[PDB]
Novice: 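Attached: Vitamin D3 dihydroxylase with simvastatin acid bound.
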Amino acid sequence: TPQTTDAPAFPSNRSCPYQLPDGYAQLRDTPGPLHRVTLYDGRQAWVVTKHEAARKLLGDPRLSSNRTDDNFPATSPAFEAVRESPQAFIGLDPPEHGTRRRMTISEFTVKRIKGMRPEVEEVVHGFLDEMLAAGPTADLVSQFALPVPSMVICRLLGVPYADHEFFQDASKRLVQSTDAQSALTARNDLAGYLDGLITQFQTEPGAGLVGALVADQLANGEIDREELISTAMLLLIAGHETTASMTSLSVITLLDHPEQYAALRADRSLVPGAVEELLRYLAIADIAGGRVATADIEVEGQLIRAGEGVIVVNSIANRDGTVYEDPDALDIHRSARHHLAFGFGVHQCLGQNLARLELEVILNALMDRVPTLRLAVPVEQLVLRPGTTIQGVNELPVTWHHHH
Ligand code: HEM
Ligand SMILES: CCC(C)(C)C(=O)O[C@H]1C[C@@H](C)C=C2C=C[C@H](C)[C@H](CC[C@@H](O)C[C@@H](O)CC(=O)O)[C@H]21
């Protein structure tokens, strides 16, 4: 019998780091904003494949972010770790979501992020000194891409960087876990570490956002101790892994487009616009759109019923040709405005401007100090993460014109 189905398996893995999987490109090319897929357990779900409908549904209050809902579209067995756990505000709906998010916004405002630029530049150049002094070759992930945002978010959260080896390992084991067992164990490792940190800040008040939440909201019973752990865990893990993966993939992508990398190096005013285009193009968090409908929603003839899972795939929506002409082409000179790599609505990425600053400083630093940077292995030799997690590589062997 023929094997063609009306709801293809979802998600799919990338074979090229800066191109949609073949299964996503056909979903992008089907007409209409919605299309059925099949999750890992056999459940069917909706995916959004157009930019305007993705933007409209991300702001529709009839789509809930409640992870604990039984109908929430889980995309892997490892997802049972966050469902079975107390929720941070990413999995909350209004009004409870707003009261929790307000406790954290002070550390991510524009004026606070801009003020952090001297500190971030010191952090980037510090790890660039060490990598260049150790001689080629080098793993760009473990020696630069991961340590730089790790130290920045640790200073922002109040987490001691002296323990970086522990929680970096546990954060990997959680994000790239393939079964619920290794995911549960990694999450418990981070929870146990953070709970000890909370007790530590109750004896002597600490710094950062975690120290402030312990001395203020937790002391007044406005947040549960376990809510504080999930919130701190969310910020810690999002603070490391997203920026590290954007850096690794942005380096890979720019090295495969040397004409645009040359233009970027010649005119640094293009860096902020190239970051926006890289965010649209790469879209490393395109699974970050899971929703469950609480009421019936009509979208251009199609009907989402209450209790159905919806997955807004921002990587597909960022390749909408009616918004960005020739969407599959990298183009640092294009207007990448209104892209959905950071989401949209009340759950729009809290640390989107920290990531913009981190990537801007990092790209300028690599072009200033290692302009001869190239990949020590062919791109096809690299191992990409599957579509069930944050896009990126685990290793990135690089080399350069060395001398000292
Ligand atoms: C670097 C690339 C990044 C990308 C592509 C990205 C992407 C996203 C997306 C798409 C969402 C929406 C999730 C949803 O609607 O369910 C989101 C939310 C969020 N992100 Fe990011 N993010 C990045 C960096 C960061 C950083 C550096 C932080 C640091 C704290 C962060 C913290 C958060 C938080 C706390 C939320 C939840 C917002 C809310 O629920 O109100 N992200 N992110
Ligand atoms: C193992 C699955 C994994 C990768 C954590 C995940 O799919 O997340 C993704 C998808 C979606 C929620 C949005 C995301 C954007 C930024 C973050 C990095 C975020 C981590 C979500 C957070 O929920 C994970 C732990 O914090 C669990 C918890 O706090 O209960 C990430």
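We number chain A the way the PDB entry does; in order, the residues shown are 7-410. Every number for a ligand or one of its atoms is a count from 1 in the order of the listing. The header says X-ray crystallography, 2.4 Å.
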Novice: Mind telling me which chains or ligands belong to simvastatin acid?
Specialist: ligand 2
Novice: State the binding site of simvastatin acid (non-hydrogen atoms, cut-off 4.0 Å).
Specialist: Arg73, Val88, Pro92, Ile96, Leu180, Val181, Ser236, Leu240, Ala244, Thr248, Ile293, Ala294, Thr395, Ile396
Novice: Any of the residues UniProt assigns to calciol binding in chain A within less than 4.0 Å of simvastatin acid? Only heavy atoms count, please.
Specialist: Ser236, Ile293
Novice: Look up atom 31 (C) of simvastatin acid and tell me if a protein heavy atom lies less than 4.0 Å from it?
Specialist: no
Novice: Of all the non-hydrogen atoms in the protein, which one sits nearest to atom 4 (C) of simvastatin acid, and at what distance?
Specialist: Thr395 OG1, 3.9 Å
Novice: Can you find a protein heavy atom under 4.0 Å from atom 6 (C) of simvastatin acid?
Specialist: no
Novice: With the threshold set strictly below 4.0 angstrom, can you tell me whether any protein non-hydrogen atom sits that near atom 24 (C) of simvastatin acid?
Specialist: no
Novice: Starting from atom 19 (C) of simvastatin acid, find the nearest protein heavy-atom neighbour and note its residue, name and distance.
Specialist: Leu240 CD1, 4.2 Å
Novice: How close does the nearest protein non-hydrogen atom get to atom 28 (C) of simvastatin acid, and which residue and atom is it?
Specialist: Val88 CG2, 4.0 Å
Novice: Do any non-hydrogen protein atoms sit less than 4.0 Å from atom 21 (C) of simvastatin acid?
Specialist: yes
Novice: For atom 12 (C) of simvastatin acid, grab the closest protein heavy atom and report residue, atom and distance to one decimal in Å.
Specialist: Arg73 NH2, 3.2 Å
Novice: Which other ligands or ions, by number and name, fall under 4.0 Å from simvastatin acid?
Specialist: ligand 1 (protoporphyrin IX containing FE)
Novice: What protein heavy atom sits nearest atom 16 (C) of simvastatin acid, and how far off is it?
Specialist: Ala244 CB, 4.0 Å
Novice: For atom 2 (C) of simvastatin acid, find the nearest protein heavy atom and state the residue, atom name and distance (0.1 Å precision).
Specialist: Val181 O, 4.5 Å
Novice: What protein heavy atom is closest to atom 13 (C) of simvastatin acid, reported as residue, atom name and distance in Å?
Specialist: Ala294 CB, 3.3 Å
